[PDB]
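Structure of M5049 in complex with Toll-like receptor 8.
The order of the sequence lines fixes the chain letters, beginning with A. The residues of chain A that appear here are 31-99, 112-434, 461-731, 735-752, 761-816 by the PDB entry count, in order. Chain B uses the PDB entry numbers throughout; the residues present, in order, are 30-39, 45-85, 89-99, 113-434, 461-756, 763-822. Determined via X-ray crystallography, 2.5 Å. Note that ligands are numbered from 1 as they come in the structure, with each ligand's atoms numbered from 1 the same way.
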Amino acid sequence: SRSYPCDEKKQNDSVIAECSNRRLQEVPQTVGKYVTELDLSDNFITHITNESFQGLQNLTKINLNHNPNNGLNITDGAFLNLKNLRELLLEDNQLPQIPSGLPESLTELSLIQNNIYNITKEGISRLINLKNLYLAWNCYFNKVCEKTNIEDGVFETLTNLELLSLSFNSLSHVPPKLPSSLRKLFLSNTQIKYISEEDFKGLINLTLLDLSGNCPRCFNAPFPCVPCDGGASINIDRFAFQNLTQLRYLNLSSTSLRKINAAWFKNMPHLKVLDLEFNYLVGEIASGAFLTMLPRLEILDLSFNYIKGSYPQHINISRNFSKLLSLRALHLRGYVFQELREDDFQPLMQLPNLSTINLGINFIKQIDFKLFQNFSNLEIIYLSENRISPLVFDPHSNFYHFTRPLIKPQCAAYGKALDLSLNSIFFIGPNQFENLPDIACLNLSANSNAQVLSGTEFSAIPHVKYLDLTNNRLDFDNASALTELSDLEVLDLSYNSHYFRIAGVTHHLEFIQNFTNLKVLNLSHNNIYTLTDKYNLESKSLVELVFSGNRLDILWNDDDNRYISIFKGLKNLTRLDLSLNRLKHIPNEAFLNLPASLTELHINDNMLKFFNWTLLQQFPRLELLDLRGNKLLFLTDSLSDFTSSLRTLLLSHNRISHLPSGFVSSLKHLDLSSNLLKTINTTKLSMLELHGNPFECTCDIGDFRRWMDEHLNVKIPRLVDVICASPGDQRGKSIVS
Amino acid sequence: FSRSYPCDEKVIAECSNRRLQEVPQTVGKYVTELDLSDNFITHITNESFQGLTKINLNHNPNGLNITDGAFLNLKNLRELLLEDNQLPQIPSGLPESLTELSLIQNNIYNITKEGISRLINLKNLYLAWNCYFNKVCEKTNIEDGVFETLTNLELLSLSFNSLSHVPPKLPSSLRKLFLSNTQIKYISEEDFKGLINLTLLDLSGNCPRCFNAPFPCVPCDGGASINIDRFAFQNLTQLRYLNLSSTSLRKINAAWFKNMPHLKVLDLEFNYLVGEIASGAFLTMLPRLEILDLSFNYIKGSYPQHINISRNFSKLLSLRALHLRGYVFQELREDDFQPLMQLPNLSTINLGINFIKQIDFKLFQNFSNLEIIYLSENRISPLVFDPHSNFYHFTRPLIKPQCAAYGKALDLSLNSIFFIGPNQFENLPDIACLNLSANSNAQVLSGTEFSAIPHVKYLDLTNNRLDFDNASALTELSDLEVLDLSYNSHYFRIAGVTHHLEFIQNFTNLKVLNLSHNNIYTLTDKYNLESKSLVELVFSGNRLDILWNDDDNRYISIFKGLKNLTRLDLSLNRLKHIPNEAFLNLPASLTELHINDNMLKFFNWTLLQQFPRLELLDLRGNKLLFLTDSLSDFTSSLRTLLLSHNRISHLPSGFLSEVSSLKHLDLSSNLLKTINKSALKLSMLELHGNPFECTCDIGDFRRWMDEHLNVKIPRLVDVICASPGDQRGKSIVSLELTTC
Ligand SMILES: *[C@@H]1O[C@H](CO)[C@@H](O[C@@H]2O[C@H](CO)[C@@H](O[C@@H]3O[C@H](CO[C@H]4O[C@H](CO)[C@@H](O)[C@H](O)[C@@H]4O)[C@@H](O)[C@H](O[C@H]4O[C@H](CO)[C@@H](O)[C@H](O)[C@@H]4O[C@H]4O[C@H](CO)[C@@H](O)[C@H](O)[C@@H]4O)[C@@H]3O)[C@H](O)[C@H]2NC(C)=O)[C@H](O)[C@H]1NC(C)=O
Ligand SMILES: *[C@@H]1O[C@H](CO)[C@@H](O[C@@H]2O[C@H](CO)[C@@H](O[C@@H]3O[C@H](CO[C@H]4O[C@H](CO)[C@@H](O)[C@H](O)[C@@H]4O)[C@@H](O)[C@H](O[C@H]4O[C@H](CO)[C@@H](O)[C@H](O)[C@@H]4O[C@H]4O[C@H](CO)[C@@H](O)[C@H](O)[C@@H]4O)[C@@H]3O)[C@H](O)[C@H]2NC(C)=O)[C@H](O)[C@H]1NC(C)=O
Ligand SMILES: *[C@@H]1O[C@H](CO)[C@@H](O[C@@H]2O[C@H](CO)[C@@H](O[C@@H]3O[C@H](CO[C@H]4O[C@H](CO)[C@@H](O)[C@H](O)[C@@H]4O)[C@@H](O)[C@H](O[C@H]4O[C@H](CO)[C@@H](O)[C@H](O)[C@@H]4O)[C@@H]3O)[C@H](O)[C@H]2NC(C)=O)[C@H](O)[C@H]1NC(C)=O
Ligand SMILES: *[C@@H]1O[C@H](CO)[C@@H](O[C@@H]2O[C@H](CO)[C@@H](O[C@@H]3O[C@H](CO[C@H]4O[C@H](CO)[C@@H](O)[C@H](O)[C@@H]4O)[C@@H](O)[C@H](O[C@H]4O[C@H](CO)[C@@H](O)[C@H](O)[C@@H]4O)[C@@H]3O)[C@H](O)[C@H]2NC(C)=O)[C@H](O)[C@H]1NC(C)=O
Ligand SMILES: *[C@@H]1O[C@H](CO)[C@@H](O[C@@H]2O[C@H](CO)[C@@H](O[C@@H]3O[C@H](CO)[C@@H](O)[C@H](O)[C@@H]3O)[C@H](O)[C@H]2NC(C)=O)[C@H](O)[C@H]1NC(C)=O
Ligand SMILES: *[C@@H]1O[C@H](CO)[C@@H](O[C@@H]2O[C@H](CO)[C@@H](O[C@@H]3O[C@H](CO)[C@@H](O)[C@H](O)[C@@H]3O)[C@H](O)[C@H]2NC(C)=O)[C@H](O)[C@H]1NC(C)=O
Ligand SMILES: N#Cc1ccc(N2C[C@H](N)C[C@H](C(F)(F)F)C2)c2cccnc12
Ligand SMILES: N#Cc1ccc(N2C[C@H](N)C[C@H](C(F)(F)F)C2)c2cccnc12
Ligand SMILES: *[C@@H]1O[C@H](CO)[C@@H](O)[C@H](O)[C@H]1NC(C)=O
Ligand SMILES: *[C@@H]1O[C@H](CO)[C@@H](O)[C@H](O)[C@H]1NC(C)=O
Ligand SMILES: *[C@@H]1O[C@H](CO)[C@@H](O)[C@H](O)[C@H]1NC(C)=O
Ligand SMILES: *[C@@H]1O[C@H](CO)[C@@H](O)[C@H](O)[C@H]1NC(C)=O
Ligand SMILES: *[C@@H]1O[C@H](CO)[C@@H](O)[C@H](O)[C@H]1NC(C)=O
Ligand SMILES: *[C@@H]1O[C@H](CO)[C@@H](O)[C@H](O)[C@H]1NC(C)=O
Ligand SMILES: *[C@@H]1O[C@H](CO)[C@@H](O)[C@H](O)[C@H]1NC(C)=O
Ligand SMILES: *[C@@H]1O[C@H](CO)[C@@H](O)[C@H](O)[C@H]1NC(C)=O
Ligand SMILES: *[C@@H]1O[C@H](CO)[C@@H](O)[C@H](O)[C@H]1NC(C)=O
């Protein structure tokens, strides 16, 4: 049978029910008995009783987050009948207290983003099987919340607990009687001003300790904060981390630290990640005794440690940075200094495993680029948001660290990456890339660069494979533009316009024919409406062309039909994006001249009023045709006469009111959602999208309903959104039942 | 005594953008000027205007067929505008009375005597943009001596036409000769010999600097400059304006100015004159020059340390404005600008888009009477289309006049001032207007940053990341009158962004405050804004929906403390409804209240009683359904009520006949099917965009429109019938009420 209202899926030897965002006012009683994991998040469920999951005895995981989208009423012992429930997520439910009578079988419990101010034995201590306990964000920057009360010895009985998260709660003191089984202790933003010798003594298995946001550096803080009296730092006793021999992660970000006691690391020889951002450590970076205590540190973050009102000429890096033998990544954003000299970075040049140097947001005016060559194995050189000139919310997130890749993985995958985006490189200077290592990935985005590309600018780094030139004012009309980058595979020219042309802008794309290895070209939002001498693009290697945000309506509306074969020369194109080109219709001869090698064609978000389906005959390899967001009214009744390869047909957000007698053995995905269908009058179809249509739920919908029951292989997603528009009697209800 | 259709009568007849397919025959006989531009008019015949001194037919049809002698019957026609009509030739038989003729943007390639010579009364002749960078156009042929007979011609515009040579036999009556982008590579001694009354000569875009050009261009062979003979401007003794922009000039012959002692404006933008700026012999020939523009004269590939300015710049005694954008250099030293410090009338220095990293700001004090210091788009760090336009000159005010009106103006917008350095404003003159917009400035304002220039009256801090939560922020600027904090957000706050606006109570002279797009949804200690002087508050783009939706009603008197306010902008605050007590707590001193572009489903009209000075209520772009029937019971001051883009379907009985103060009523783009007999000093009524039901029910309103001709109803062609189907697509006025 077809599941409702949930989307049941087979996951790793289990059956899962995706039942989120369905507007459900209560727990559905139509859930499969075989289902073991239930996701009911983002609904209007208001009550959970003993008879809420009565027919679902085999459940191991329940997610009730963000319910109801004025709190969630849960009865005492509502979950007690679920003898195999191991993971219960009750986040953002406005709970006033921890639910009474929770099953002892629980190994993972989350109560994040509630109004729980009393952590009691009555609700926690009976759960001896708990391994992960999340109680963060209960008493944070909000009213009614004064202090979180943690009953003495509540966690003492949880001898299997490996993760305890008490972050964003007014604690003021590290809770006593914590179980020695602990591995991760999260105490961020807990108002803990002092850490004593007895606070973590028993935690000999602790691998992660998060103490960030306690005594925050408030002008820099990501959250509304009150600093410790007199702007004081966190007070950590000399022997606080004395028996934390297994520590791998220590987060001390935004703790107003001015001095770092080197004795804190004497017993952690395995510390791998140390987060020291948002502190006052400019002096400690210059003469850090602690640097000699971290031989196994791989990630060091000393970002946003700038001195308020200061813009020093140089960065002072202690020579003891050379004792960080295991270092893989150094993050030094927001130090804010004017010049980087070759000698300032001498301590780092001996680190054999140093692959990332993060110097973003430093406002560096001058860098001696020859210094980068003197590095063992640099892979990422991140210099975004500096001032180099032409050389002639989610509560489960990391709030202090930039976790996303600094450079796009697709770029970095080619080799040594140099990110010089958002700097003052308004033209490419004659010596711009002098003394640079073998750069394979280069970002020069958003530099206000209005260079006239001639074929000499990138000769100093000729092995660039991926070049990002987006959000600039480049002139590439010379047919020799970028030809010095003979190995170029990816070229991003998005959001580009001539700096001075006001009345007429005529593009010359002859340079593209010079590349023997160019595979991806993005000319999006270049506002291209006329071509110069060569009116038609040519390439033997080009695989993908992104032409969105251009004026193909103007080009293909030419009185002389000059742009009738504009992309015919791209003999190996498999992907073409023609979205956002204001197209009302594509001329039959202009469509027939698209490359026959195409497999994915996107003409979405245009204004197409007509589409000659017959022309699909000239494209035997076309598997995806995307026509969403147009104004099409007719569908061909002879689709199998025009295609035998089409697998996906995307047609949502169009004006289709009639499905013709015929709806193609190749077609697997048919998207007809958000159209104007009132009714639907052996296939190999695996998905049919129909939500958003004005279905008329009279006896006429019965034939289609019978079709839905015979073909259970055809997955119809979002059945709660396949709704009756008429009659008034059925309006709002789903076409099912 | 009758309502004009399809035109709006003033005696001018505004008849533009009306979708007219032919010249209306319902134009008043008294009308002397007719504007028919931006219409679908395709034909103009002898019987077109049979039943005028000025006619505008521009942009028709959105080519234009005009018959020979179609305008000959108009014996008093003195101005005919035929721009952008796809005309293949100059219309035959034009009236001899013409004093102003414009034929721009057509396809006229032959300038003949048959069409021009007989119009001896011409004073202004525009033939620009006929043979420009478009096809079929080869070269404009100008018949020998066509302009010779036009002995009254004072302006001749031949710009954007393939001329290749200056036309011979031009009348000595000429005053302005526009020859921009005409493909004239050489100017000889005999070209402008007879033009002894010439006051303006535009030769820009002839041999253009193509990398910098605003138009697709081909440069002169070998990148050569315009060749101007030593004695080309020999008898041009009256020249005031000379435009030589984008002419690829490398050298300037000083002999060109020997006979023009009255030259006032000289445009040399977009040339190769870095060397001439350093040692210009021509600088000694311009004692009456007021405006000099030497912009975008940078050397390709170059970023010099300093700007080399010739000492002969001190010989420009009448200089008022110097424009030096796009020179592109690194440091401005006090000594590089020494030649300019003696110029007694030099009030504007334009150094925008120069990428200057360091400026010795003490140099500005050594100037006699500077009032505009424009340094936008530089690199200063924290110190610890229209064819009738000027394509090469920045004509708009450098600094907003509202700012500059206060005193010496300093524009440091779009620079690298990411924080206000301790010495940021040291050695600066008495600055009264300061722009620090778009600097990515995330300074924590404490009350010490602007102490070196304490007499700032207008401060633009928009598009920054400022922190003004300290109650002492900007209080050192005790004379501050205007403060623009638009588009501002904390650089680091991610989860919660609480504002503290206590700093506003410290100002005794603050009049205008713009907090638009600050996304304000909560206040810290002071839940109320207070000021004795504040007169205008712009609060658009904030979260008054969150503030006025407070469970504890903390923000119920949020603006009550602004005792002197007369203008309040609450647009774009996502408001579904304003609590009665929150509305009653707005200052009673209001005269203009804007709650437009919100989502208002309800408005309590009764509350308008607490605002005896309210003259403008702007409620456009909301979702209101009801209007009170007792508007005169709640107000007597209201003059303008804007209700367009709402869901109003019924106009209540005695809405208009009660409000004697109401002068402008905007009810356009609503859901009105009819205007009842029962709902019938108003000077304007907007009604276009409504689904009017054109049955005999619309007849009462139509009679009302005929009785009150003083009530101007604009866009009558857009006040259209929605029903029934027969009457659909027709204007409510274009109906035959005789059936009723
Ligand atoms: C102070 O500094 C410390 C570091 O010293 C830092 O600790 C780190 O905190 C973050 C955030 O709380 C932790 O990140 C989470 O880690 C879990 C577990 O990761 C491991 O296990 C999984 C398998 O279970 C592996 O795949 C993974 O590689 C790891 O080995 C992740 O499961 C979390 O991911 C979820 O959230 C992300 C967004 O935040 C999503 O991108 C992601 O898809 C995950 O979503 C989940 O829910 C979705 C439904 O909403 C569902 O669709 C998904 O499929 C999925 O189930 C997340 O990465 C990190 O582990 C901590 N570090 C250590 C070593 O423990 C502190 O945060 C920092 N303090 C502050 C205040 O900044
Ligand atoms: C100019 O034009 C270029 C060319 O189009 C463009 O670059 C390309 O951008 C697209 C994204 O817009 C990139 O495609 C994405 O790539 C990531 C990562 O790549 C993986 O590739 C292989 C797998 O083949 C891995 O081995 C490798 O390690 C990388 O991880 C993919 O993760 C993306 O997939 C998701 O989105 C697809 C739709 O875009 C889905 O079809 C797919 O199923 C994925 O879904 C994921 O996200 C869902 C939420 O959205 C989530 O629910 C799912 O569970 C799942 O996680 C995607 O394929 C492409 O690689 C870029 N190409 C190059 C050469 O860089 C530029 O961005 C453009 N520039 C501008 C300024 O516009
Ligand atoms: C080369 O350099 C020369 C200067 O040496 C430039 O010449 C100027 O060109 C512009 C544009 O063609 C001229 O501007 C127009 O002037 C008209 C007359 O202005 C005077 O008279 C009116 C009253 O009739 C006064 O109000 C006004 O203050 C002046 O004293 C205006 O009527 C024009 O207005 C039009 O535009 C405005 C908006 O800007 C609209 O509001 C109007 O309704 C109307 O549409 C316009 O301002 C200018 O006068 C020329 N200078 C001289 C001294 O003649 C060349 O343009 C330049 N060449 C190139 C290619 O850049
Ligand atoms: C933050 O908020 C402030 C305050 O609202 C904004 O500054 C005001 O901006 C408006 C425009 O949005 C300015 O008003 C305009 O002034 C123009 C020039 O001022 C003339 O004033 C008198 C006439 O009373 C003249 O004597 C004088 O010589 C000036 O020429 C007017 O030309 C404008 O009028 C036109 O528009 C209005 C409607 O806006 C029509 O009623 C008119 O008929 C006409 O068509 C207009 O009045 C205002 O002066 C600015 N105030 C200050 C203090 O600068 C900021 O722009 C805003 N910032 C951001 C980023 O949004
Ligand atoms: C070259 O440098 C530019 C500029 O730094 C890079 O642009 C940035 O790209 C990332 C990812 O494409 C964008 O991040 C996005 O941020 C939002 C909001 O935080 C988040 O919701 C998204 O999921 C995403 O992570 C970022 O906005 C964008 N910045 C700008 C100014 O455009 C570009 O990616 C770099 N290119 C290469 C080849 O690395
Ligand atoms: C302070 O400096 C900023 C940045 O230069 C000024 O902003 C600029 O202001 C002008 C006028 O308000 C904007 O001009 C507009 O340009 C368009 C397109 O050319 C035109 O169609 C409009 O009619 C208008 O003239 C300009 O875009 C804007 N620039 C930015 C980046 O915002 C600001 O005006 C200065 N403030 C003071 C007090 O002078
Ligand atoms: N007082 C003060 C300062 C305010 C803001 C600053 N910067 C703002 C930039 N937008 C981002 C920069 C970051 F975040 F990268 F450090 C900080 C300062 C930098 C160095 C010294 N003082 C200040
Ligand atoms: N080759 C080359 C150059 C290209 C672009 C430049 N700049 C682009 C800026 N975006 C605006 C700057 C302007 F227009 F202000 F001068 C010119 C150069 C400036 C100085 C020297 N060479 C070049
Ligand atoms: C919760 O549900 C119970 C019944 O199960 C009811 O008596 C009670 O009033 C509800 N409300 C709250 C706030 O507990
Ligand atoms: C460097 O990294 C490699 C693996 O990436 C590892 O085997 C080696 O031991 C590391 N060296 C140091 C000194 O940490
Ligand atoms: C293209 O660049 C080269 C190198 O600067 C130059 O020789 C060539 O003339 C340029 N092409 C054009 C059309 O200017
Ligand atoms: C040609 O197309 C194929 C298929 O997308 C691709 O693998 C190949 O790299 C393209 N170009 C060349 C020259 O190999
Ligand atoms: C589709 O294009 C073909 C040309 O290949 C033409 O014969 C046919 O009539 C077109 N169909 C429509 C509906 O225009
Ligand atoms: C300076 O300007 C005033 C009027 O603004 C004028 O009277 C005076 O003659 C000018 N001085 C020079 C040297 O041009
Ligand atoms: C405001 O700024 C002054 C000057 O820096 C400082 O003394 C004062 O304490 C600041 N106020 C707050 C609330 O921090
Ligand atoms: C109130 O505003 C008016 C502006 O017209 C001004 O004259 C008056 O002085 C202001 N009152 C105070 C106390 O600033
Ligand atoms: C308008 O507000 C007044 C309070 O001053 C209240 O008495 C009246 O009922 C309100 N009208 C409506 C329709 O809510």
Requested in this report: Please list the parts of the model that make up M5049.
Outcome: ligands 7 and 8
Chains under 4.0 Å from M5049 (ligand 8) (heavy-atom): A, B
| message | Can you tell me if A:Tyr567 contacts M5049 (ligand 8) (heavy atom of the residue under 4.0 Å from the ligand)? | response | yes
ask   = Of the backbone atoms (N, CA, C, O) and the side-chain heavy atoms from C-beta on, which set of B:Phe405 has a member under 4.0 Å from an atom of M5049 (ligand 8): side chain, backbone, both, or neither?
value = side chain
For atom 8 (C) of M5049 (ligand 8), which protein heavy atom lies nearest, and how many Å away is it? A:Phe494 O, 3.5 Å
Open item on the list: Taking 4.0 Å as the limit for heavy-atom contacts, which would you say applies to B:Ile349 with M5049 (ligand 8): side chain only, backbone only, both, or neither?
Closed with: backbone
Item to complete: Starting from atom 14 (F) of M5049 (ligand 8), find the nearest protein heavy-atom neighbour and note its residue, name and distance.
Response: A:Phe568 CZ, 3.0 Å
Query raised in the report: Does B:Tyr377 come within less than 4.0 Å of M5049 (ligand 8), judged by its heavy atoms?
Result: no
**Request:** Could you name the option among B:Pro354, A:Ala518, B:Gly376, B:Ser345 that has the heavy atom nearest to atom 5 (C) of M5049 (ligand 8)?
**Result:** A:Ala518
Discussion item. Tell me the contacting part of A:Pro432 for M5049 (ligand 8): side chain, backbone, both, or neither, using a 4.0 Å heavy-atom threshold, strictly below.
Written reply: neither
>> Give me the residue, atom name and distance of the protein heavy atom closest to atom 16 (F) of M5049 (ligand 8).
In response: B:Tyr348 CD2, 3.0 Å
Does any N or O atom in B:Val378 lie less than 3.5 angstrom from one in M5049 (ligand 8), N or O only?
-> no
Considering heavy atoms of the protein only, find what lies nearest to atom 20 (C) of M5049 (ligand 8) and give residue, atom and distance to 0.1 Å. B:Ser352 O, 3.4 Å
(request) Run the contact test for B:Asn262 against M5049 (ligand 8) with a 4.0 Å cut-off on heavy atoms, strictly below, and give the result. (result) no
* Define the binding site of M5049 (ligand 8) with a non-hydrogen cut-off of 4.0 Å. => A:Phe494, A:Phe495, A:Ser516, A:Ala518, A:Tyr567, A:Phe568, B:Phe346, B:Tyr348, B:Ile349, B:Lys350, B:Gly351, B:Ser352, B:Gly376, B:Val378, B:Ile403, B:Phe405
